[PDB]
Peer 1: 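Model shown: Carbapenem-hydrolyzing beta-lactamase KPC-2 + meropenem (hydrolyzed form).
In what follows, residues are counted from 1 in the order of the sequence shown. As the structure lists them, so they are numbered: ligands from 1, and atoms in each ligand from 1. Below, all heavy atoms of this structure are taken into account, side chains as well, without hydrogens, waters or symmetry copies.
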Amino acid sequence: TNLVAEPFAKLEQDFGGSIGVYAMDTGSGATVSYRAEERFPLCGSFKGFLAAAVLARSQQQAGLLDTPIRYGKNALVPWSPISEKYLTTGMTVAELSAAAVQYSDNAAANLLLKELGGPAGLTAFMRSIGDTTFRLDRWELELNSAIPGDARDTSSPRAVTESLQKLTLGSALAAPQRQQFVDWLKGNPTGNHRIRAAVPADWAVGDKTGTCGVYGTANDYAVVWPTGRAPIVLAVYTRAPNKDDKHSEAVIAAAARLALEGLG
Ligand SMILES: C[C@@H](O)[C@@H](C(=O)O)[C@@H]1NC(C(=O)O)=C(S[C@@H]2CN[C@H](C(=O)N(C)C)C2)[C@@H]1C
């Protein structure tokens, strides 16, 4: 309503851009929504769903996760801190997935996209779990352009949350794969100033961040496990009108706090 939305509008007025938020209490079904069906660039946040798509494919292809990917130096793209170190040996699909999630490794992401049939393959996986909003159209690094009006490489806060719920808490992944995905998100160290900063320290959190680097466009989605309560799933996405507008981790954390504090 208006008292739900009012603190969000104030926050994005001070931020100088747009904030999109969706949070779901998986026990009661209560939600908090703000610009939740608007499109925002995914940036690197797609890499979480990328790892989930790989895990799901391993349910149909036994031993996919252990497949060695031996790549050449030209497979490397900027911001590939893990894959650059294994150029002389190669990495398995599961090792690449861990790097894509926890270090946002770009070469790892592109290698896994290639295994799935390109960006179209990741989009097809998201369609397979009932996500009709998600679209990945381009590769790293071009998908980070975040140009105003462009629907390529975007989703909505609601669809991100709904798909994250299906993959981490629903039946989309088998228990071993589900455990693996949750562990990668929980061990992610790139989001300490985003959704995690809004959550009490004793509550476990798994997240995946995105930071396009332009147009104040950055994001985070997370599963939150309140002690002995039903988990929460939420997504916080930002963008801004000017190419050199700075993203704000504080704004993401503040919006996350508002959403978590508003759940019935
Ligand atoms: C490739 C970039 O656009 C970005 C993305 O894919 O969204 C990369 N992914 C992220 C992200 O935010 O998920 C990062 S690293 C992140 C920001 N810097 C943190 C860090 O490790 N530092 C050393 C500051 C973690 C990179 C900027």
Peer 1: Under a 4.0 angstrom heavy-atom cut-off, which atoms of meropenem (hydrolyzed form) come close to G44?
Peer 2: 5 (C), 6 (O), 7 (O)
Peer 1: Flag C43 as yes when one of its N or O atoms lies below 3.5 Å from any N or O atom of meropenem (hydrolyzed form), and as no otherwise.
Peer 2: no
Peer 1: Nearest to atom 6 (O) of meropenem (hydrolyzed form), what protein heavy atom do you find, and at what distance?
Peer 2: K47 NZ, 2.8 Å
Peer 1: Tell me: protein heavy atom nearest atom 16 (C) of meropenem (hydrolyzed form), and distance?
Peer 2: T190 CB, 4.0 Å
Peer 1: Within the 4.0 Å heavy-atom shell around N106, which atoms of meropenem (hydrolyzed form) are there?
Peer 2: 1 (C)
Peer 1: Using a 4.0 Å cutoff against the non-hydrogen atoms of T211, which atoms of meropenem (hydrolyzed form) qualify?
Peer 2: 2 (C), 3 (O), 4 (C), 5 (C), 7 (O), 11 (C), 12 (O)
Peer 1: So, is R194 polar-close to meropenem (hydrolyzed form), with some N/O to N/O distance under 3.5 Å?
Peer 2: no
Peer 1: Starting from atom 14 (C) of meropenem (hydrolyzed form), what is the nearest protein heavy atom, named by residue and atom, and what distance separates them?
Peer 2: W79 NE1, 3.7 Å
Peer 1: For atom 11 (C) of meropenem (hydrolyzed form), grab the closest protein heavy atom and report residue, atom and distance to one decimal in Å.
Peer 2: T209 OG1, 3.2 Å
Peer 1: So, is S45 polar-close to meropenem (hydrolyzed form), with some N/O to N/O distance under 3.5 Å?
Peer 2: no
Peer 1: So if I count the atoms of meropenem (hydrolyzed form) from 1 in the order they appear, which ones are less than 4.0 Å from some heavy atom of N144?
Peer 2: 3 (O)
Peer 1: Any idea which atoms of meropenem (hydrolyzed form) are less than 4.0 Å away from a heavy-atom of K208?
Peer 2: 13 (O)
Peer 1: Hey, is atom 1 (C) of meropenem (hydrolyzed form) touched by any protein heavy atom at less than 4.0 Å?
Peer 2: yes
